[PDB]
S.K.: 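Model shown: Aminocyclitol acetyltransferase ApmA + neomycin.
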Amino acid sequence: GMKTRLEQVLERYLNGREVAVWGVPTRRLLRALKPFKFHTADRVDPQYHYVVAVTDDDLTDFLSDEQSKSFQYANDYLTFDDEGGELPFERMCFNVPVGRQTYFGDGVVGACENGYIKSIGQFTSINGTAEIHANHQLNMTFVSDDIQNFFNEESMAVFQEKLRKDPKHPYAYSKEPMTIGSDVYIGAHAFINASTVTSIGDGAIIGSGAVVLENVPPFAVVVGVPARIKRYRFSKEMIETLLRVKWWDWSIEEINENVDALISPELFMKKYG
Amino acid sequence: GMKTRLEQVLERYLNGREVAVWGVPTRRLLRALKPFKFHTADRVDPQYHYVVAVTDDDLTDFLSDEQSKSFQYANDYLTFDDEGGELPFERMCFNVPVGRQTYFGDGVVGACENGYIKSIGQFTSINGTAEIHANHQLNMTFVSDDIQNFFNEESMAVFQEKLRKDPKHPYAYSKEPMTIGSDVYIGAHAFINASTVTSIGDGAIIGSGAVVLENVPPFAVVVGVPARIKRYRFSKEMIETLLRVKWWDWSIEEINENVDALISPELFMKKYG
Amino acid sequence: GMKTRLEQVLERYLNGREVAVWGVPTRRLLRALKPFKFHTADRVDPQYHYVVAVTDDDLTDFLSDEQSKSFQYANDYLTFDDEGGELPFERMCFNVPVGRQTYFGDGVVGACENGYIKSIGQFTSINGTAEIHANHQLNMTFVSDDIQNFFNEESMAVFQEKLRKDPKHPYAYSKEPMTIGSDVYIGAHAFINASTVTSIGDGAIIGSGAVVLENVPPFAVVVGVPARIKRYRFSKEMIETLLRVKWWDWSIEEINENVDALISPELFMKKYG
Ligand SMILES: NC[C@@H]1O[C@H](O[C@H]2[C@@H](O)[C@H](O[C@@H]3[C@@H](O)[C@H](N)C[C@H](N)[C@H]3O[C@H]3O[C@H](CN)[C@@H](O)[C@H](O)[C@H]3N)O[C@@H]2CO)[C@H](N)[C@@H](O)[C@@H]1O
Ligand SMILES: NC[C@@H]1O[C@H](O[C@H]2[C@@H](O)[C@H](O[C@@H]3[C@@H](O)[C@H](N)C[C@H](N)[C@H]3O[C@H]3O[C@H](CN)[C@@H](O)[C@H](O)[C@H]3N)O[C@@H]2CO)[C@H](N)[C@@H](O)[C@@H]1O
Ligand SMILES: NC[C@@H]1O[C@H](O[C@H]2[C@@H](O)[C@H](O[C@@H]3[C@@H](O)[C@H](N)C[C@H](N)[C@H]3O[C@H]3O[C@H](CN)[C@@H](O)[C@H](O)[C@H]3N)O[C@@H]2CO)[C@H](N)[C@@H](O)[C@@H]1O
């Protein structure tokens, strides 16, 4: 096993408090909360309770309740069914590190569990609808994957070592897990092909509906099906500066002391050129 | 707060009856039903009970039950988790008016809550899969939105007034909310860009998968990514007639007395040309 | 009524055992399990219990539990909310036969209930995100379908027989239900138009995001919006051999005795040319 998003938060911030469950629990959540005292949330006080909304619909009910004016996000509450949500600290998602202020949808965390990704960067914004799938094998008479359920030991072996010896890397085998940089935007209905992409450059923008079939260089704004660059983010000199200064690894104080360097693209250039 | 779809229906049609809950309640639903007598649905009689299916899967179970032969849609039953469903009367959806016989999916109601839309017309058919998102800011060194969580008062102010002064209207700021006309069809996997669209013309057809990036004139059938017209609905003289006669604002009696004007496009033209 | 996926499995494999419910039941599931003894799963033994995970999230919890090491898929457990999941035997899905090792998502089973499909083949792999919708009527002044809710008997009749007399087959009327062959791959965000497609050839590959608007001949690899062939699977002589040998109708013993005929495309050709 390994820790879920909620478990990681509770480790940090629960601080011996009781867990006030806001919503109908699921068996998975009840396994998580088994070591703690917990109860169906009634009257709640952040000094004594940490509130776990089960679903995002359960969260909206809580935040509409006057009782939640005192609760601070992450420190005092969290949604349980939200493994790919943003956090103010670096977290883990099935041995995939993801930085701060970084969210994604069920498709991506799904890809994380499969191991299609090695890391997601900082301040990265991925739409819920986006999907990341590998490709099936093209070298054989079949493309069905679940035919593998019918194979014995002997058929499994001969099938499983033909996949390992493949250039086009089916099922994301034989390749490095994908790497998604910081300050990336991925739009709705998008697709990144895990069998052929190894890295998405920092600050790259994927237009919505676009279908990425190969690595996107840093700051390449890409649309259309498949994905070709229509515009770059900034000048190539500005690109190479951002990759050394690494403002996304900054502290919070460094963000609020160099605000207007971030707000103005070329005001930044004077300071870190 | 403001009234949900269910609350609006119950106001109209509950008429002092008890609410028979068909399904496992959610905390959000239980907040809604708090003022009324309600119970886990067992034997139900529309003379005494109004049946609220919690989920759409709960609804199918009810409609398969022989007990539901006597219940009429809206008047006697409704799904709770169905904020974007059709209704025989004009309704509200987060201060967004939507006409009669008009449905949409979770993406659109999501856009409604954000305020990306000003109104949805009558007899409008929007696929569940469709999504409506704004664009992030392109004028800065970053595109991440949730970096805003790290800003203090002072950083928030300088960041928030640069957005207000923007031509491309990021986050749907500084622009009129979108307006969706009557008799519109939007297909599956579609996308309308809330940062750049202000109005979708009445009777416009969005082909599925199409990505609308700018206003669609009335009756423009549009496909492809992005969205360009491949065909118009009717002749331009027929277009300008429909915009004055406004058959979608008709009564029910006017629909059933002028049936074959609606069924035949050019039979309509003789009456209202 | 007709039998769901779970009911069909339980008929085959329950064998007088008790149903151990792993998760929060739904009213629909509780209707299914009404004839059997069943209980909230605690300590479970496949000799005495069949475990029904309600949701797929409930399933992952079960499979992470050490108690599930003894349970075999289908024979001893199954997800309830998974009507379009793979099975080792041919099954039914709303009078739509689907072969072995064949899965699809909520869109397709949705299309099945509508009757847009006549059969799904063997070893067919359809992404969850794929959608299958018919087209609305284009012959009239309106495209809204739910305006039909406002029609009386008389308006319904004149409206319903104009649809039956249509070349473009709106609402999948007047046409054969769609047929999906064996060994088909359909990718994410895809769309097959039920109003214009009658058959997808065996072994056809639909690239993800592609929008199929007309029949795909066997083994045509198709991408882009709309869907045009960029490559065929195998040589046209190999195509016509696979359609007679029909390896997807094989037994399991025939799969494991002719493994390397399936793994190697042209090694197959020597045996069955
Ligand atoms: N507020 C509407 C809510 O949105 C939900 O999720 C969708 C979307 O809104 C939601 O928004 C995501 C959240 O996830 C995540 N927790 C924080 C992130 N900043 C936010 O960002 C997203 O929505 C922001 C609106 N602040 C937009 O500014 C931003 O453009 C967009 N990327 O992510 C989903 C993407 O598709 C549900 N769709 C809807 O039912 C619900 O009501
Ligand atoms: N009947 C199948 C059901 O469909 C559900 O939702 C999908 C679709 O079917 C459903 O259908 C919508 C409903 O929403 C809404 N309440 C009324 C509207 N007339 C209807 O319309 C939609 O389905 C009609 C089939 N009358 C089609 O005639 C019409 O082309 C299509 N726009 O909207 C969703 C769009 O994607 C679930 N996908 C599936 O699980 C369920 O079983
Ligand atoms: N393992 C991740 C899980 O995936 C889920 O569903 C998605 C996907 O993964 C899932 O996978 C389907 C299953 O359905 C179905 N029961 C068996 C089938 N062999 C499998 O196949 C799919 O995932 C396989 C990963 N073996 C891939 O090898 C294969 O390329 C892909 N078609 O189908 C969905 C397609 O979109 C959820 N998205 C996620 O929450 C969950 O955690």
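Letters go in sequence order (proteins before strands), and every chain restarts at 1. When the header is checked for method, it gives X-ray crystallography, 2.8 Å. Note that ligands are numbered from 1 as they come in the structure, with each ligand's atoms numbered from 1 the same way.
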S.K.: Hey, which other chains get a heavy atom under 4.0 Å from neomycin (ligand 2)?
M.R.: B, C
S.K.: What else, ligand or ion, lies under 4.0 Å from neomycin (ligand 2)?
M.R.: none
S.K.: Return only the organism name the entry records for chain B.
M.R.: Staphylococcus aureus
S.K.: Could you help me out with the residues around neomycin (ligand 2)? Anything with a heavy atom closer than 4.0 Å counts.
M.R.: B/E86, B/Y103, B/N127, B/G128, C/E113, C/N114, C/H133, C/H136, C/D145, C/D146
